Amino acid sequence: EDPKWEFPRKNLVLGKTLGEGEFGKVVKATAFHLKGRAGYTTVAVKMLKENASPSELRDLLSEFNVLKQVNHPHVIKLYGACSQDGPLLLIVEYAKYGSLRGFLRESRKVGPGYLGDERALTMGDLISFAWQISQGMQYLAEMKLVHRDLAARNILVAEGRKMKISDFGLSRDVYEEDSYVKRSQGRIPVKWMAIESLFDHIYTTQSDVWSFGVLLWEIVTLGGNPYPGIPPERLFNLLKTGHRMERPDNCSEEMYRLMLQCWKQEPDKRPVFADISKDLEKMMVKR
Ligand SMILES: COC(=O)c1ccc2c(c1)NC(=O)/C2=C(\Nc1ccc(N(C)C(=O)CN2CCN(C)CC2)cc1)c1ccccc1
């Protein structure tokens with residue numbers, strides 16, 4: 001019911017489903033006189049499914065709450081909400097290329113594809129994508145937020161192939177003690193979770209770093225599936241015994257070193273996002 005965000009329901013027109021997010025459906029839409037931009041502006045709208053649970057409603061409200069506060073070139077934007085005359089709707093930035101996972105998988109088969117024109121991809125483009133994400137995460141970490149669900153499916157690729165971190169439904173503030181801890185089992189897919197989150201239910205910026213490492217692996221494999229062929233229940237023993245994903249095919253030694261650093265068992269031995277950004281900057285420049 002926030003005046004600064006509430007948008008007239010009659011000014012919003014919903015269209016096709018773009019996909020489904022962790023708490024609901026995302027549809028393409030158009031908004032008339034959005035934040036005083038004349039005419040219609042193409043947007044996306046996040047809504048709840050009819051059979052929504054209280055968790056899913058709470059996740060929608062928590063994404064709204066987080067995105068009201070944050071503003072960065074590599075974080076997807078919140079524009080407004082419709083809460084009054086029917087179903088709860090979040091009005092968010094449209095990202096024309098869809099998810100990073102989708103975009104990279106398409107590059108295997110489409111356009112000039114991966115080489116080593118938005119459809120032409122080089123290893124420089126891939127380092128750039130990772131750098132943009134790291135910059136967003138560095139800012140979110142400064143804002144004492146922990147995303148918790150960092151993954152290629154939760155990064156969007158917008159006009160100009162600009163990275164936008166999205167899907168904040170599981171994100172949490174860590175104001176005090178710099179950790180988020182939950183007694184109950186989490187809803188993040190096991191394959192992206194830091195070892196201490198999996199065993200101890202502890203989430204910090206350093207566990208986002210772990211997930212960032214899994215995202216780096218997804219990036220260099222052009223949307224590969226982590227721990228391929230390994231059932232999720234096996235990760236408990238696999239990680240505990242010090243195993244990690246192997247170096248992928250078109251991954252440099254330096255890129256793999258960075259991944260391994262992100263997956264250090266000891267969270268304070270992992271790089272912070274500021275340093276990851278620095279590592280990626282020197283990779284882009286040593287070309
Ligand atoms: C806080 O804000 C958010 O959290 C948030 C979350 C998602 C999106 C968003 C904001 N803003 C967008 O634009 C989003 C998506 N946009 C999109 C755009 C283009 C496509 N593309 C390329 C299609 O081709 C569409 N196509 C997909 C396949 N099906 C079968 C038919 C429709 C697909 C998604 C998208 C939504 C669902 C999941 C993945 C991404």
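Residue numbers run from 1 in the order of the sequence given. Computed over heavy atoms, backbone and side chain alike; hydrogens, waters and symmetry mates excluded. Ligands are counted one by one from 1 in listed order, and the atoms in each one are counted from 1 as well.
This structure shows the largest set of contacts to ligand 1 coming from the chain UniProt labels Soluble RET kinase fragment.
For ligand 1, the correct pick from razaxaban, nintedanib, paromomycin, dilazep is nintedanib.
At a heavy-atom cut-off of 4.0 Å, the residues contacting nintedanib are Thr17, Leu18, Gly19, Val26, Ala44, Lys46, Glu63, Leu67, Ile76, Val92, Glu93, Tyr94, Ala95, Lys96, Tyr97, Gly98, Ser99, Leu156, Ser166, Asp167.
When only interatomic distances are considered, the shortest N/O to N/O separation between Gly19 and nintedanib does not fall below 3.5 Å.
Atom 37 (C) of nintedanib lies below 4.0 Å from at least one non-hydrogen atom of the protein. Note: chain A touches nintedanib mostly through UniProt domain Protein kinase.
Within a heavy-atom distance under 4.0 Å, nintedanib reaches the following UniProt ATP-binding residues of chain A: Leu18, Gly19, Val26, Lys46. Counting only heavy atoms of the protein, atom 28 (C) of nintedanib lies nearest to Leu18 O, 4.5 Å.
Residues flagged by UniProt as binding semaxanib in chain A that sit under 4.0 Å from nintedanib (heavy atoms): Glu93, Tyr94, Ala95. The PDB header gives the source organism of chain A as Homo sapiens. Checking UniProt active-site residues of chain A against nintedanib, the nearest one by heavy atoms (to 1 Å) is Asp149, 10 Å.
If you check which protein heavy atom lies closest to atom 4 (O) of nintedanib, you get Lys46 NZ, 2.8 Å.
Under the 4.0 Å distance rule, the nearest protein heavy atom to atom 11 (N) of nintedanib falls inside the cut-off. The model tethers nintedanib to no chain through a covalent bond.
Protein heavy atoms are absent from the space less than 4.0 angstrom from atom 23 (C) of nintedanib.
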Enumerate the pairs of nitrogen or oxygen atoms, one from nintedanib and one from the protein, separated by less than 3.5 angstrom; state names and distance to 0.1 Å.
unit_1: nintedanib; atom_1: 4 (O); unit_2: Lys46; atom_2: NZ; d: 2.8
unit_1: nintedanib; atom_1: 4 (O); unit_2: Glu63; atom_2: OE2; d: 3.4
unit_1: nintedanib; atom_1: 4 (O); unit_2: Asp167; atom_2: N; d: 3.1
unit_1: nintedanib; atom_1: 4 (O); unit_2: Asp167; atom_2: OD1; d: 3.3
unit_1: nintedanib; atom_1: 11 (N); unit_2: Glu93; atom_2: O; d: 2.8
unit_1: nintedanib; atom_1: 13 (O); unit_2: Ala95; atom_2: N; d: 2.9

